[PDB]
Participant: 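Here is a complex structure; among its components: asoprisnil.
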Amino acid sequence: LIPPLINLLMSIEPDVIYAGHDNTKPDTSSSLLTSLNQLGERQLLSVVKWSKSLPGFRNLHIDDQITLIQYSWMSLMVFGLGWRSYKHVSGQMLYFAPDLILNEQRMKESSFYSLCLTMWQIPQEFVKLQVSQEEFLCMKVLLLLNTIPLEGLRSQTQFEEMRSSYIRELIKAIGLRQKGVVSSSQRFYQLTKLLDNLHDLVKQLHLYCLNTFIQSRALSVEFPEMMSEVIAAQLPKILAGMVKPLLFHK
Ligand SMILES: COC[C@]1(OC)CC[C@H]2[C@@H]3CCC4=CC(=O)CCC4=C3[C@@H](c3ccc(/C=N/O)cc3)C[C@@]21C
């Protein structure tokens with residue numbers, strides 16, 4: 001059977017979110033970026049709601065909660081994207097939403113082809129490692145907890161306890177399918193290494209995002225209120241390396 005905390009995590013996963021994109025009109029650079037931002041605003045709102053039901057999280061100081069959402073949002077959404085593309089279209093298309101799915105041909109014509117390719121690494125890797133939903137749900141929580149300020153958080157003790165709690169839960173998640181100490185131990189390394197590597201992938205998306213933000217009026221891309229808030233609140237500090245990424249390995 002499934003360990004209780006893992007079962008809870010599945011019950012609090014967000015519902016399907018639509019882009020609201022008008023697919024009865026040809027893709028333009030403007031229209032895609034507008035749709036992706038509208039969709040992202042909605043996904044981040046659902047991440048915030050999610051976090052209010054995530055055990056441990058509401059007991060961190062409110063300022064730590066805000067900071068962790070502001071540090072981790074891009075990671076959470078690209079990781080979510082990865083999981084949907086894996087589960088719904090065998091990882092061979094980018095499943096942003098049910099009404100916004102890019103096959104490779106549509107990616108090629110997007111104007112951010114290589115960004116699509118960067119993002120496409122995750123679901124291909126999911127296919128490769130055959131990640132289970134139980135492993136995914138634990139890893140996703142660890143991403144939320146994967147960077148802290150250089151001075152630490154106000155609720156550092158509680159945070160350490162929460163992060164350790166979810167690391168122990170991933171170790172239980174691995175034990176469900178994988179049998180053998182050797183196999184389980186190596187799988188713990190693989191999954192935690194994947195999380196480590198996401199720091200580098202996310203940095204590329206952060207730089208693309210901030211560049212597009214700066215040039216938004218010339219490019220005619222709308223940046224929503226919360227999106228603009230999180231960008232202005234932490235993105236340059238993050239890109240500058242003025243935060244502490246938490247690595248599982250050397
Ligand atoms: C071409 O991309 C434009 C982006 O750069 C503009 C660069 C990376 C995009 C995010 C990639 C992950 C992602 C997954 C989704 O399923 C939908 C949203 C999404 C991205 C987009 C995004 C928009 C808004 C928000 C939060 N708003 O509150 C989050 C993500 C756009 C960027 C950042």
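For the single chain, residues carry numbers from 1 onward in sequence order. Whatever order the structure lists them in is the order used to number ligands and atoms, beginning at 1. Structure determined by X-ray crystallography, 2.0 Å. Scope of the values below: all heavy atoms of this structure, side chains included, with no hydrogens, waters or symmetry mates.
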Participant: Tell me which chain touches asoprisnil (ligand 1) most, using the name in UniProt.
Facilitator: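 The chain with most contacts is Progesterone receptor.
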Participant: I'd love to know which residues UniProt tags as binding progesterone in chain A are close to asoprisnil (ligand 1), meaning a heavy atom under 4.0 Å.
Facilitator: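 Short answer: the UniProt residues with a heavy atom that close are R84.
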Participant: Considering only heavy atoms of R84, which atoms of asoprisnil (ligand 1) have at least one such atom less than 4.0 Å away?
Facilitator: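 Taking each heavy atom of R84 in turn, asoprisnil (ligand 1) has 16 (O) under 4.0 Å.
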Participant: Counting only heavy atoms, tell me which of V230, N211, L36 gets closest to atom 18 (C) of asoprisnil (ligand 1).
Facilitator: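 It is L36 whose heavy atom sits nearest to atom 18 (C) of asoprisnil (ligand 1).
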Participant: Answer with yes or no whether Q38 contacts asoprisnil (ligand 1), where contact means a heavy atom under 4.0 Å from a ligand atom.
Facilitator: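 Flag not set, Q38 not near asoprisnil (ligand 1).
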Participant: What organism does the deposit give as the source of chain A?
Facilitator: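 The entry gives Homo sapiens.
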Participant: Any heavy atom of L32 closer to asoprisnil (ligand 1) than 4.0 angstrom?
Facilitator: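 Contact check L32 vs asoprisnil (ligand 1): negative.
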Participant: For asoprisnil (ligand 1), which part of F96 has a heavy atom less than 4.0 Å away: the side chain, the backbone, both, or neither?
Facilitator: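 It is both backbone and side chain that touch asoprisnil (ligand 1).
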Participant: Tell me which part of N37 gets within contact of asoprisnil (ligand 1): side chain, backbone, both or neither, using heavy atoms under 4.0 Å.
Facilitator: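 Both of them.
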Participant: With heavy atoms only and a cut-off of under 4.0 Å, state how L115 meets asoprisnil (ligand 1): side chain, backbone, both or neither.
Facilitator: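 Just the side chain.
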Participant: In which UniProt domain of chain A do most residues touching asoprisnil (ligand 1) lie?
Facilitator: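 Those residues lie mostly in UniProt domain NR LBD.
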Participant: Which residues are in the binding site of asoprisnil (ligand 1), using 4.0 Å as the heavy-atom cut-off?
Facilitator: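 With non-hydrogen atoms counted, the site is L33, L36, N37, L39, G40, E41, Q43, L44, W73, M74, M77, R84, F96, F112, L115, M119, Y208, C209, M226, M227.
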